[PDB]
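The alphabet sets the chain names here, A first, running in the order the sequence lines are given. What you see of chain A is 479-678, where the numbers are those given in the PDB entry. Here the PDB entry sets the residue numbers for chain B, with the shown residues being 481-678 in order. Heavy-atom basis, side chains included; hydrogens, waters and symmetry copies ignored. Every number for a ligand or one of its atoms is a count from 1 in the order of the listing.
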Amino acid sequence: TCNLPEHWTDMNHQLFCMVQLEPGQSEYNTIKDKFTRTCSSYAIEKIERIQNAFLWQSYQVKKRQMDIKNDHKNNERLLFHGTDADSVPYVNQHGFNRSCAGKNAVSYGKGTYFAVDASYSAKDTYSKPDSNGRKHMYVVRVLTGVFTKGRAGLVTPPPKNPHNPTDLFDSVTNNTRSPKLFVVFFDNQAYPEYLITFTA
Amino acid sequence: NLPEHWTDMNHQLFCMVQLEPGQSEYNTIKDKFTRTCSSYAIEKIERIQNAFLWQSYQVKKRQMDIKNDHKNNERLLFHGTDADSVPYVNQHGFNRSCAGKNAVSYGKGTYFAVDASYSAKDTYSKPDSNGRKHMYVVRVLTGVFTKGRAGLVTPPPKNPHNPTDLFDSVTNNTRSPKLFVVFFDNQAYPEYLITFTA
Ligand SMILES: NC(=O)c1ccc(I)c([N+](=O)[O-])c1
């Protein structure tokens, strides 16, 4: 699938690959710094770039649509998502699925949740340590677009005007002034870009 | 890249286009509907021109055609809905998070019927206060399918030792499918809206 970004490595005609990043090169350093800004006490085992051509293609289609609809290109944020080891193969291949969100982690709506700070996704309740103590967190491109405060029980973002109920916000947050989380409610509004495997 | 049979929308992104009973386009839909719904009468048939939904759906179709190594992945199916959901569906498609539970559930997704008679039941195409019932004709990427189960949140894996390689959809019966369930956004494009009455 097309418009692959220039920093991906050649995939030998594969449509999906996980590429372990070389420590000390610019790309690895950039992601490490984002994580260590709030997670300096954790130890990074490796960082992998997710090269999922089909997921990227569908995400970029949604990004172009949101850029057109909102009349600007300020629609993407880089956020974090902690998950358990058993969900990692699914996310790598299929992205994030609101139908899989826990349960008790839905306080601002029934969508997929993304943290501004890696430290929040680093909680064991999200990046559940596996049998060997390894924890997993994604660095995610998220199409947050135009957002509003969320609330429990939402299944889609609220409309921007209750008298035009189909023109929706793009995401919801806990606090519009100083957001710490964003929730998106549609597939392919979030692209898992890097996987960080780390320990306490 | 919008289809050439669509009306020129003057850079608008969404339009409903009323079809004329003369046309082959109208007649094929009427015939597909009447094959199992001879007791009902069509008020109108509208072509749904939704640029963004079409783009995302066509991307998914190309991906599924590549993955399955054939082009037998799409079926034209029916979906009855209440009038209050029509504005949302026209704009945003079918949302599994909004779907009612089916009387026989083969999974938690959006349901599409082979026969218009199924979608024509008042349980799905609920009559509005003016007696109007609403049924979509939908391009659905059914792909490779298996018999569903009520607990499904996505289609099951084809192979339990490769849990991420999924069937594309599920059905009530693989020998004689009458319903298909899909579990992802942009796997179904609402192409026509039939408004009909008893
Ligand atoms: N999976 C996560 O990183 C995650 C789950 C729930 C929440 I409420 C948050 N959060 O950043 O607020 C993150």
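- The molecule at ligand 1 is the drug iniparib.
- The chief contact partner of iniparib in this model is named by UniProt as Protein mono-ADP-ribosyltransferase PARP15.
- Other chains whose heavy atoms approach iniparib within less than 4.0 Å: A.
- Proximity annotation for atom 5 (C) of iniparib: of A:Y604, A:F660, A:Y598, A:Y604 comes nearest, heavy atoms only.
- In summary, the atoms of iniparib found under 4.0 Å from a heavy atom of A:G560, numbered by their order in the structure, are 1 (N), 2 (C), 3 (O).
- The entry gives the source of chain A as Homo sapiens.
- No N or O atom of A:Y591 sits closer than 3.5 Å to an N or O atom of iniparib.
- Within iniparib, counting atoms from 1 as listed, the ones closer than 4.0 Å to a heavy atom of A:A593 are 11 (O).
- Remark: iniparib and A:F558 share no N or O pair separated by less than 3.5 Å (distance only, no angle test).
- Residues of chain A contacting iniparib are mostly from the UniProt domain PARP catalytic.
- Residues with a heavy atom within 4.0 Å of iniparib: A:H559, A:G560, A:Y591, A:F592, A:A593, A:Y598, A:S599, A:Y604, A:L659.
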